Amino acid sequence: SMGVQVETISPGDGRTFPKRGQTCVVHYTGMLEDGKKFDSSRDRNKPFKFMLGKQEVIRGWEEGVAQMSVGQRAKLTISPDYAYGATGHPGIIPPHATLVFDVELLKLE
Amino acid sequence: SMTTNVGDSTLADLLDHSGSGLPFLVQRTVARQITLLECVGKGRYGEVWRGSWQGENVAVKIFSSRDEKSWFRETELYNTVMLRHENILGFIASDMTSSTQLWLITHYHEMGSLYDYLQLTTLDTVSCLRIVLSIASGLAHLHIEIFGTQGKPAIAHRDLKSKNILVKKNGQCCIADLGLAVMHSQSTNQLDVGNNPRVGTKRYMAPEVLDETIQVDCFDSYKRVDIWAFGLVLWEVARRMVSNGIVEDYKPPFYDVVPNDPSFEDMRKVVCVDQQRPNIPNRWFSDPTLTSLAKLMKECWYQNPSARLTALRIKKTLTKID
Ligand SMILES: CCNc1cc(O)c2c(c1)/C=C/C[C@H](O)[C@H](O)C(=O)/C=C\[C@@H](C)[C@H](C)OC2=O
């Protein structure tokens, strides 16, 4: 979809999709377009939580997870204006970076 | 709390083992969960606010539009270098929102800046030595390159002053504000001076900065600029140590010869043309601790930067004083 491509790695339940105000519990690995990993909740074995609609994560990560059902694992390819844009994140994400996230939607709270 | 869930982490847990602060993606989420509470600093750089996150205090620097390149530089440094030390301000997170707001989030030190602290209390030999030794320890840690995978480039601060030093609850200090820092690695001899048009605080500028003789492509030169400024901080602190029932009022360096917000020319005339240095109060020479600190100050203030001692030598000298 706009700003984020979702490639399914393994299906969710096909029925339970995140709604505004629910907390998404996920595992993720974030990479630059050249495969360089910059962050992974899997490496610290600690799921990551964010509330849908609170703008707590970049727009592409949120709108990608919104298209997933519980249990789904997917590769999200996020365009820069749906990520960290022209500034990037100094020392981590270069300017105008397309990001690749491997995300698993573990549960909703 | 009523909002606590199994699995919740404190900031200490999130900081527990790339970069100095929280995991990158956690930085935005924590930043956008902070409640701002009280303004604890304001200057040309912007503002600093005490905030709270899940019941924990944090400090939030919100940068002015004029100082966006300091936010960029400081964020870049803390994210690319593992900079964790008892006497260097602990970085937590950086975040931006689209005008734009730029935030840098750090540990909160309720005792405040050293500049303010010296105006609220006097010191004794224990508290004075603890303060100045901790600053020397932090500065030596910045200046020294550590090799290997758990290492760090050498770092020069370039804006050391009592307002950029915070007091911890245990009475040691930590050095803050790396927005002007420059980095160097011996492995490549690469000097990374960055892109920031900001200059150091004029009152604390070394002679070679004020007369523009500093060799701008030489990392060593930036370390010696820090040493000059450290000597001025040592003078500010020592004045507030009581000896024989006597103490000086808090004053900033060169309080008697330049106005508030001094110009480049004000400072160049005092420091370069007239070769003035802060005066040593006579009562210091009746106290062995202040006598030792006066000798140390003088060794930071040589007009020839090569004559100045290293941060490590300062640290070793202060470790030997009682
Ligand atoms: C009562 C607690 N007062 C407090 C407690 C604190 O934790 C801080 C500050 C104040 C910041 C004061 C402004 C300071 O003089 C200088 O301008 C500066 O910017 C230094 C450090 C910045 C980077 C960080 C964010 O500031 C603090 O952490």
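Below, chains carry the letters A, B, ... as their sequence lines are ordered, and counting in each starts from 1. One-based numbering, in listed order, for ligands and for the atoms of each. The basis for the numbers below is simple: all heavy atoms, side chains too, and nothing from hydrogens, waters or symmetry mates.
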Novice: Looking at ligand 1, what drug do we find there?
Specialist: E6201
Novice: Trying to figure out what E6201 is stuck to here - the chain with the largest number of contacts. What's it called in UniProt?
Specialist: Activin receptor type-1
Novice: Mind listing the other chains that have a heavy atom within less than 4.0 Å of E6201?
Specialist: B
Novice: Compute the minimum heavy-atom distance from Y115(B) to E6201 and say whether it is under 4.0 Å.
Specialist: no
Novice: Find the UniProt domain of chain B that dominates the interface with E6201.
Specialist: Protein kinase
Novice: Does any N or O of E6201 fall below 3.5 Å from an N or O anywhere on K163(B), backbone included?
Specialist: yes
Novice: Out of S113(B), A176(B), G179(B), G112(B), indicate the one that has the non-hydrogen atom closest to atom 21 (C) of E6201.
Specialist: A176(B)
Novice: I'm curious, which organism is chain B from according to the PDB?
Specialist: Homo sapiens
Novice: Strictly under 4.0 Å, does any heavy atom of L89(B) approach an atom of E6201?
Specialist: yes
Novice: Compute the least heavy-atom distance between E6201 and each UniProt active-site residue of chain B, then give the nearest residue and its distance to 1 Å.
Specialist: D159(B), 8 Å
Novice: Select the closest option to atom 2 (C) of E6201 among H107(B), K61(B), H109(B), judged by heavy-atom distance.
Specialist: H109(B)
Novice: Heavy-atom pairs closer than 4.0 Å: do any link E6201 to the side chain of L166(B), the backbone, both, or neither?
Specialist: side chain
Novice: Can you tell me which portion of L104(B) lies within the under-4.0 Å heavy-atom range of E6201? Options are side chain, backbone, both, or neither.
Specialist: neither
Novice: Provide the binding site of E6201 at 4.0 Å, counting non-hydrogen atoms only.
Specialist: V40(B), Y45(B), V48(B), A59(B), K61(B), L89(B), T106(B), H107(B), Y108(B), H109(B), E110(B), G112(B), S113(B), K163(B), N164(B), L166(B), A176(B)
